[PDB]
Amino acid sequence: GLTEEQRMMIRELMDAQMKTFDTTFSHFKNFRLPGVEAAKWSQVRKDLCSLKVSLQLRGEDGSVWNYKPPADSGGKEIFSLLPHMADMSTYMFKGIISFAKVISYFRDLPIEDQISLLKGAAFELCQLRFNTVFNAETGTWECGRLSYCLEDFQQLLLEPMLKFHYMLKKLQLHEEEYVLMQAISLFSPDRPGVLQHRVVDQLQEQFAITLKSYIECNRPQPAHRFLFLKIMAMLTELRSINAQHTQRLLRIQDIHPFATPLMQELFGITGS
Ligand SMILES: C[C@]12CC[C@@H]3c4ccc(O)cc4CC[C@H]3[C@@H]1CC[C@@H]2O
Ligand SMILES: ClC1=C(Cl)[C@]2(Cl)[C@@H]3C[C@@H](Cl)[C@@H](Cl)[C@@H]3[C@@]1(Cl)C2(Cl)Cl
């Protein structure tokens, strides 16, 4: 029940996803691993312990390395996973940038708006891709040979990022619905610095109409009533999480620098 333009739109998004999402993380390599003002620190300590994961690395030979993080003992040990997480997020950001550049509607925007949209949406598209490898039964992001497992229930769901991942996963979305969510987030007309507000706003409305129509054509079941509105509400929540997490990053960076060059670009840090 989709128009020709709508089916072409979904095809181009699925094509871009297929070419730029390394779903087995086969090409994520050479990453760092953990080794073998007072009111600012209190806040940064609160920021960093809201996400506690162990790390597992499965070797191509069948060997397994497992890392269990330290407890907070009021010292620098809270930063032990930051270099690794910077490398993983940088890796994800490159895939996201490649995704945008493959899409015709994005290529056709002026380069300054391309940049402003990527700065605005890179984190959100990263989270959307990570949700597709999240295992909600085991609390683990399964990234090929790497796994990130939440450390020991309804308590962890208090953290908005974690509640987001569990709630989005339980909607049991199709690949097409995920990539349309990525498009709607990418083409957000109200990101800081956007000039072609009207063009971006019209593109976003078309991706949202395509998603609403896709759901109406392919999901008649009572469990999926209001699915389109649930997704849109999740995208609003993701924007709030984006703003919250950007402020945590800048606080951590202020007292303990760790952002990679690509992270600095996307998040406004100039090097001075
Ligand atoms: C997720 C946190 C805020 C967002 C931070 C971030 C945000 C963006 C990014 O590219 C990398 C990282 C690594 C550290 C993350 C933090 C670790 C704990 C904190 O909640
Ligand atoms: Cl998404 C995101 C990724 Cl990707 C990183 Cl590198 C990390 C990897 C897995 Cl554990 C997800 Cl939950 C986290 C965060 Cl919030 C961070 Cl910590 Cl940004």
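One is the number of the first residue; the rest follow in order along the sequence. Atoms within a ligand are numbered from 1 in the order they appear, just like the ligands themselves. Going by what the header records, the deposited coordinates were determined by X-ray crystallography, 2.2 Å.
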Okay, my shortlist is estradiol, dihydrotestosterone, abacavir. Which one is at ligand 1? estradiol
Estradiol (ligand 1): macromolecule with most heavy-atom contacts, named per the PDB entry: Nuclear receptor subfamily 1 group I member 2
Report the member of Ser89, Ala259, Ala122 with the shortest heavy-atom distance to atom 10 (O) of estradiol (ligand 1). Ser89
If you measure from each heavy atom of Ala86 to estradiol (ligand 1), is any distance below 4.0 Å? no
Heavy-atom contacts under 4.0 Å between estradiol (ligand 1) and UniProt hyperforin-binding residues of chain A: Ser89, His245
Options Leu81, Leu249, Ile252, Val53, ranked by nearest heavy atom to atom 8 (C) of estradiol (ligand 1), top entry: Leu249
May I ask you to list the atoms of estradiol (ligand 1) that are less than 4.0 angstrom from any heavy atom of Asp47? 18 (C), 19 (C), 20 (O)
Which UniProt domain of chain A holds most residues that touch estradiol (ligand 1)? NR LBD
Give the atoms of estradiol (ligand 1), by number and element, whose distance to some non-hydrogen atom of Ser50 is under 4.0 Å. 20 (O)
Enumerate the atoms of estradiol (ligand 1) whose separation from the nearest heavy atom of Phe93 is less than 4.0 angstrom. 10 (O)
Applying a 4.0 Å heavy-atom criterion (strictly less than), which segment of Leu82 is in contact with estradiol (ligand 1): side chain, backbone, both, or neither? side chain
Specify the source organism of chain A, per the PDB record. Homo sapiens
Which chain residues come within 4.0 Å of estradiol (ligand 1), judged by heavy atoms? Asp47, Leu48, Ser50, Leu82, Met85, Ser89, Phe93, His245, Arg248, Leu249, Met263, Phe267
